[PDB]
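Next up: a structure with gemcitabine triphosphate.
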Amino acid sequence: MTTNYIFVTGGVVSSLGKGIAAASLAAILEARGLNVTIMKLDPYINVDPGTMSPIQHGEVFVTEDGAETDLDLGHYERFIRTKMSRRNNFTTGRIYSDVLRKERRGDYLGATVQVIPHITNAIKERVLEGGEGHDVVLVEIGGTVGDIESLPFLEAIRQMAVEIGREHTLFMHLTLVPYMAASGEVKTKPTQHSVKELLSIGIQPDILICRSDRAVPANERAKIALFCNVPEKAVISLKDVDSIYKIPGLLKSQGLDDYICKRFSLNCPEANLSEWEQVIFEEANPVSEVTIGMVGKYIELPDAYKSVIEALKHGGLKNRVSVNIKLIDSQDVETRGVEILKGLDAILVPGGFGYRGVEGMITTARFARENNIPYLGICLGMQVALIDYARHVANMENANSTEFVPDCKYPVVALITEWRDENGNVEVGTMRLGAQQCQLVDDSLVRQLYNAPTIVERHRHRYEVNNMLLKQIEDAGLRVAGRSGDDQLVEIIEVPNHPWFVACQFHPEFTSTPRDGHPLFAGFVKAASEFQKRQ
Amino acid sequence: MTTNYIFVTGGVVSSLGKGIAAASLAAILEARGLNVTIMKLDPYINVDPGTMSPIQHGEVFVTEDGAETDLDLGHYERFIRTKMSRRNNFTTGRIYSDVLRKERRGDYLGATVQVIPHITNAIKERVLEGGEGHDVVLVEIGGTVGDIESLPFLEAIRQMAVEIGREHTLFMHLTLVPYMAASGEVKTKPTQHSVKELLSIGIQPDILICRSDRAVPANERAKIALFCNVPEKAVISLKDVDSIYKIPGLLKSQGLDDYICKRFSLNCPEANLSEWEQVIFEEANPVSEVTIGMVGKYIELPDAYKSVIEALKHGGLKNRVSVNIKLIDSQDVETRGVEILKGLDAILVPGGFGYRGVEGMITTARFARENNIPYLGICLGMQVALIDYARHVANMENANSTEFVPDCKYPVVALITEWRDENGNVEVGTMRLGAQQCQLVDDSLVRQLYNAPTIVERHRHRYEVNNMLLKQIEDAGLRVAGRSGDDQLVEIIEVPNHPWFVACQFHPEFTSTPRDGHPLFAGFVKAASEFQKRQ
Amino acid sequence: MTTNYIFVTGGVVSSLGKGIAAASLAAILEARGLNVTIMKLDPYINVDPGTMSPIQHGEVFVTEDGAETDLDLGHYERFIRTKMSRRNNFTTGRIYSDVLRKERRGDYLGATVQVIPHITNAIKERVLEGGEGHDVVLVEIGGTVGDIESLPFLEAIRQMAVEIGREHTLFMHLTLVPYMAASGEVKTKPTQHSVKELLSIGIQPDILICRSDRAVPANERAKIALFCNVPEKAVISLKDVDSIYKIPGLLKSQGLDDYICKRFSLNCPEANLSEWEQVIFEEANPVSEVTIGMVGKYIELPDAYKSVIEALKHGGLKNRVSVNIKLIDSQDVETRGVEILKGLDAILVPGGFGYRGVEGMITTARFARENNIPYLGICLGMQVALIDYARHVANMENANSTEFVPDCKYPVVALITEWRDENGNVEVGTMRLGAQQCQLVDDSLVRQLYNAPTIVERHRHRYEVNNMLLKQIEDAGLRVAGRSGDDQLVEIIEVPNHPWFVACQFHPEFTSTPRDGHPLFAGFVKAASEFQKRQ
Ligand SMILES: Nc1ccn([C@@H]2O[C@H](COP(=O)(O)OP(=O)(O)OP(=O)(O)O)[C@@H](O)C2(F)F)c(=O)n1
Ligand SMILES: Nc1ccn([C@@H]2O[C@H](COP(=O)(O)OP(=O)(O)OP(=O)(O)O)[C@@H](O)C2(F)F)c(=O)n1
Ligand SMILES: Nc1ccn([C@@H]2O[C@H](COP(=O)(O)OP(=O)(O)OP(=O)(O)O)[C@@H](O)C2(F)F)c(=O)n1
Ligand code: NA
Ligand code: NA
Ligand code: NA
């Protein structure tokens, strides 16, 4: 049984929600019992997003195998239960890096190395590597058709369609159908022009996904069909929705999955979207409303905390609570004080690097601890929680991380190599990425929530809890809730004289989904609801 | 059984021989017992070529039904036995004229008349009119893909393909694969770029006909296939050939007809190209060689006399004579004299309008008559022969046509409505177009050549033989060999004291084919051979 | 005074002679006293041609500074006296390698690295780096407009034109104007379509260079001007020529350099092409004809020996001898013997790597030595000359290079590190690239020819003459003619019991020009003429 490919392209504009559309379609196909996966081809030159700023790119998503990937793989894992790996995301940078190394080494045997066939072959190889052994592979092409950056990807998939054959390949193209106030009509002209552009590259689209701020009526869909060599039933309306969880239903409603199953000769039962219907229901029917403050340094781009924002949303679903997420610049806490943290039912400090706004986060963790306001700290959120406690409870003056103040007396957070005590005494592979097992301390808040002794979560951090200064903070009342490895590194801390205070080193947001939620975020949003009642 | 359409387009350059290629492919399909026709879509604004100079776009071809058409319909009739009519040729001018007519009187009922759907509908309607009731319809699109003028034709046939279905429609695209001396290789890049241009208008070609001055090798055909979404077997080499009669064989040897019959699900036997093999054999195995002078006013563009040139070649085939056609400017006969008519084994004066170079043709007819050199006069060629005899034998000094000298004493050639005698006395559907019956005189040369009392030949002329001055020329020894209609108009004249001197009003070149030849031209070339032997 | 840029692009096909056209125009501009340079932007992914096979790419050209570059820089140095360096040639591979290293390091400070601005900025930087400090910079863009591979280069130079301003930038675009036999006309349609393609990328061409097998007449140039927004005087005909040395004259004849000087506001005297007129004259008026055999392993692509073929041509100019260059596969000498070396007035064995066909070259050097046939050996040509002599005169059985037979008893050629004697005894930065001074032995044939004690030539070789086995070959009659460095490496050898036998380690072909010739190649072709007389 041959692997089938759906090549997903975008026209007219970016910000179409190509990832969500691909993820939603994969959700439908998975709900028909098909083995489905998705991969993201990014046209940027970065070898991977490891070097990309949260404020410019958005969050670096981390897979089980510890790959640093586009945040779209977050969308993928939140819509299908197939696990993403390094094989599900690559950049132009990776491809050119691959080919350059093969070339300098001498693997091409004196050949002229060319965009075709050498760059295109490298792209095709990685697509087959990620795709083979599945029923359907959705291959999302980053960039916009008509731009320079995506042309090698478009040429590569054109070749793949011919080689594999059109019996097992489809081209799905997203376009913008914008509304004009003047005439009160949605416009098909950009779709007409975008399809000609895609054809000029050698690709006849099979399916058109028409993005608009409203439903694309039958007349406009018929016009698109007429001009684009596409049957009317293969022209799909995908309007702006109040919830992305509705998109699987909207696509199924227009028979998109039936068309795909027919084209690929797949006999599978009707999509059971009951789990998505349940999610849509939960979201539309909240009993309470809470305001949770996310206090961090990358707030000028919310996508910097994409998976965190979505994990809070999933916590809301499982408690039937509407979570009003307030983004509060941690630097504003330094400037204007803890008055901007007033009127919050809970507080979350997410991950980050660099000292800018960290003193604000330390002040925020203090305010949360002293006023019994529910707190969740992720990576840097655990660091500022340990610093706050060490500094203000265990009386370790100016206790900090070596990342921020390298020569500080009390480096409560530092690299395993840098570990020292207050007198400068020492003991007799630095970056941690991906899935690692963590042992939960018995009778701990997290042990209850996770409802198991051992959990698996994903790391992306360099700086650890200094084990040499740990005992002095433990004696001062702080509780180690979780540990991992032969080195017994601190994964989770708690403040037990508090309604809900948890802080973890790993990124729990990367394992949270709308359907299965997350124990930690469920507990956090519950505690936020309970706090809101007591006022 | 549904009618099948092959849309024949050209890329890179014009002058690819789109007509000869379509005609040659039609010849193969006809040899497999298929009911095949061809039609030409011309992007020029002329409502028809009736108002076009011969030196402009070539000869005006005339069908049986008296349609003035593109010379390509000459190629069609010389390659298939299916007769051409008005509905096998239309222009942009014709389409716009019909739509404007319908619009001005109010057929469109207050609608905005647009390129789509109104112009494209009109194009499709005329394609179905000429096509339906055949197995395979070849639709030649004039102009080059990428130009403005052919876009409405290309959009129209794109729509037809979708409507009729790809089960019964193919796109056959000719390109130039030019040779570069610098590198000693033929170049596929223009084909690559032309196919992207054709795709950008919404048409994926199914077959590529690669024109070059030599065979397009396997490597180049594979490269074209790789880049153009076309299977290797549908990439056809059409090199420059010494004889166009070989082209059906070249295309068949690459399985083009097999691919078409498979795609259209037509169960028909292998093509028997015996009739074309015979024509090729005749042409390659001549016994004698003759030089025939064609003395006219349009020699600067040979295609002005396309059908006449081919008729002479068909004459050669039937006699196993190799005909060297020497094009001689009739104005050079006026200036330099009969010196340039020496060394000719026969003389042909073809049709034309306007007085420029006519006196040279009259001088030429005289030279051919007085020196007993075989003479064939067509339309104007007959006028100048009558003028010659009237002026130099019947002693009617300054005898001319009213076309050239309206106020001449002896208008031996004039419109029926101008007919007057030498004293200015008179007697008591001006334009004659298409097939008309002609009665042949019992003791005439043509009666024995045609071997029938009545014949059918095609007219395109206004100015007739003046019947009022005819009997005076008849008494001077001129034979009337043929007449027609109620008004007994002179169709053929002969000089009986001469080896071979014939001149007709009609265009015998339009019914001459390479396979069936033509009685008159067969006779004329025989006389040219006989004259050559006697010298 | 601002540096002016002429961006030279190609359309329709490659193999237009973009390099020759750019080089020829630079020659004219240099002849007006302007400081002119040229650079080649190659779209291949190879970081440089160092790793490219001669049989696939052609020769690796070597500049003074020891850069391995496209053979086009050979054309540049043979048309202008400005010296080429690493700065005058770079690939897509170099640009992507630059950007990837900056990115991984962290030079982009967390930015998304994109084709625009990061790849385009890298291209612009290298163009400015090679261009600045000249009056006019010709920037040759490799690939064909309309292809994927050159788009980053085209976008980069589009930006440069806007930034620098159109007062100091011109776009010069080459196209093919092919001849069609059928109509007997050259076709402007590909030029029309190529200019639209270039405009679609954001570039309005200022100058059109029309390549054809004949002159492009005024009517066709006027048609190109009409459709392309280019004045008729900026549409240049560049027909196929029997000599590339004529091209400067043909371009000046059409005022190309006047237009450029006007557009860039350069007041400079009329181009003095006297040196080119002298070269054209010399070439057109040979007194003798010689047949020189070039016996090597890369003969299936003559461009593998591009600069060698041209150096022989320049030798012909300086002696007024027509050099008939016969390419003889050295492997055919192994198969069919020295019978295929019969009827040669001289023999040249050029550079190469690998053992394939080397035994044929050793046999060829023997035949040349024994029969007193003039011999020139370049790099591998010196190796096979030293091997032949050592093996057949000094009686060193199976004497070879360590490159070919690593464990041979007499490694007469080997790396400086590998150097051993016949008993395996040894003495108590391997690749040599670019200009190195060489000391010529007094009373040597080369000392006479070069007419100086010290010469500067360019190296590209790993394997040296083994100094430990040298004395035994010297005693056997062989003469060291040139040496270099502190290690006193053998640069040139001679056989003094021979009319003309020279072999050098360096590549003299890279310093040979049509105007100034080359002492060594002048001497070689002279000796070939003298040998031809004695028969
Ligand atoms: N390839 C094409 C397609 C169409 N048109 C012409 O496009 C014209 C209609 O222009 P509109 O109303 O702006 O476009 P719409 O298609 O209705 O798309 P929208 O949904 O954005 O309104 C017709 O005259 C035409 F003639 F149909 C054209 O000239 N060439
Ligand atoms: N769509 C395309 C197609 C090709 N190429 C690039 O085109 C380059 C080859 O250039 P050539 O030799 O002039 O083209 P050819 O295809 O061999 O066609 P011809 O038969 O006319 O010679 C490759 O580096 C490439 F990379 F393959 C490209 O960049 N984009
Ligand atoms: N952008 C354009 C340009 C031209 N044409 C149409 O192109 C037609 C002429 O077609 P040809 O004779 O093949 O082209 P040529 O320009 O003479 O170029 P060549 O030198 O290759 O012969 C006109 O009817 C037209 F109308 F002028 C067009 O439709 N759109
Ligand atoms: Na509209
Ligand atoms: Na090529
Ligand atoms: Na033309």
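Chain letters correspond, in order, to the sequence lines: A, then B, then on. Residue numbering for chain A follows the PDB entry, covering 1-428, 437-543 in order. What you see of chain B is 1-428, 437-543, where the numbers are those given in the PDB entry. Numbering of chain C is taken from the PDB entry, so the residues present carry the numbers 1-428, 437-543, in order. Note that ligands are numbered from 1 as they come in the structure, with each ligand's atoms numbered from 1 the same way. Looking at the header, which is where the method is noted, we find X-ray crystallography, 2.2 Å. Not the full deposit; the contacts listed refer only to the portion displayed.
In the structure shown, the parts corresponding to gemcitabine triphosphate are ligands 1, 2 and 3.
Within 4.5 Å of gemcitabine triphosphate (ligand 2), most heavy-atom pairs belong to the chain that UniProt identifies as CTP synthase. With a cut-off of 4.0 Å on heavy atoms, the other chains touching gemcitabine triphosphate (ligand 2) are A, B, C. Within chain C, the UniProt active-site residue with the least non-hydrogen distance to gemcitabine triphosphate (ligand 2), rounded to 1 Å, is C/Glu517, 25 Å. Other ligands and ions less than 4.0 Å away from gemcitabine triphosphate (ligand 2) are, by number and name, ligand 5 (sodium ion). Nearest non-hydrogen protein atom to atom 22 (O) of gemcitabine triphosphate (ligand 2) is B/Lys187 NZ, 2.8 Å. Here the heavy atom of the protein found nearest to atom 27 (F) of gemcitabine triphosphate (ligand 2) is A/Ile116 O, 3.1 Å.
Of all atoms in gemcitabine triphosphate (ligand 2), numbered sequentially from 1 with element shown, those under 4.0 Å from a heavy atom of C/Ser14 are 11 (P), 12 (O), 13 (O). Among protein heavy atoms, atom 5 (N) of gemcitabine triphosphate (ligand 2) sits closest to C/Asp147 OD2, 3.3 Å. Under 4.0 angstrom from gemcitabine triphosphate (ligand 2), the non-hydrogen atoms of B/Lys223 all belong to its side chain. Neither the backbone nor the side chain of B/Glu185 comes within 4.0 Å of gemcitabine triphosphate (ligand 2), counting heavy atoms alone. At under 3.5 Å, a nitrogen or oxygen of C/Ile148, whether backbone or side chain, sits near a nitrogen or oxygen of gemcitabine triphosphate (ligand 2). At least one N or O atom of C/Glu149 sits closer than 3.5 Å to an N or O atom of gemcitabine triphosphate (ligand 2). If you look at B/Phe227 next to gemcitabine triphosphate (ligand 2), the close heavy atoms, those under 4.0 Å, all belong to the side chain. The PDB records the biological source of chain C as Escherichia coli. Between B/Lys196 and gemcitabine triphosphate (ligand 2), no N or O atom pair is found at a separation short of 3.5 Å. Against a heavy-atom cut-off of under 4.0 Å, A/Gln114 is close to the following atoms of gemcitabine triphosphate (ligand 2): 23 (C), 24 (O), 26 (F).
Residues flagged by UniProt as binding UTP in chain C that sit under 4.0 Å from gemcitabine triphosphate (ligand 2) (heavy atoms): C/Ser14. Of all protein heavy atoms, the one closest to atom 18 (O) of gemcitabine triphosphate (ligand 2) is B/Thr188 OG1, 3.2 Å.
By chain and number, the binding site of gemcitabine triphosphate (ligand 2) at a non-hydrogen cut-off of 4.0 Å is A/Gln114, A/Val115, A/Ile116, B/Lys187, B/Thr188, B/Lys189, B/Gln192, B/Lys223, B/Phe227, C/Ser14, C/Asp147, C/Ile148, C/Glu149.
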Could you check gemcitabine triphosphate (ligand 2) for N or O atoms lying under 3.5 Å from protein N or O atoms and list the pairs with distances?
residue                             : atom   : partner  : partner atom : Å
gemcitabine triphosphate (ligand 2) : 5 (N)  : C/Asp147 : OD2          : 3.3
gemcitabine triphosphate (ligand 2) : 7 (O)  : C/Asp147 : OD2          : 3.2
gemcitabine triphosphate (ligand 2) : 13 (O) : C/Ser14  : OG           : 2.6
gemcitabine triphosphate (ligand 2) : 14 (O) : B/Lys189 : NZ           : 3.3
gemcitabine triphosphate (ligand 2) : 16 (O) : B/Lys189 : NZ           : 3.1
gemcitabine triphosphate (ligand 2) : 16 (O) : B/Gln192 : NE2          : 3.0
gemcitabine triphosphate (ligand 2) : 17 (O) : B/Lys223 : NZ           : 2.8
gemcitabine triphosphate (ligand 2) : 18 (O) : B/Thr188 : OG1          : 3.2
gemcitabine triphosphate (ligand 2) : 20 (O) : B/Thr188 : N            : 2.8
gemcitabine triphosphate (ligand 2) : 20 (O) : B/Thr188 : OG1          : 2.7
gemcitabine triphosphate (ligand 2) : 21 (O) : B/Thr188 : N            : 3.1
gemcitabine triphosphate (ligand 2) : 21 (O) : B/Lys189 : N            : 3.0
gemcitabine triphosphate (ligand 2) : 22 (O) : B/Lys187 : NZ           : 2.8
gemcitabine triphosphate (ligand 2) : 24 (O) : C/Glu149 : OE1          : 2.6
gemcitabine triphosphate (ligand 2) : 29 (O) : C/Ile148 : N            : 3.2
gemcitabine triphosphate (ligand 2) : 29 (O) : C/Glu149 : N            : 2.9
gemcitabine triphosphate (ligand 2) : 30 (N) : C/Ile148 : N            : 3.1

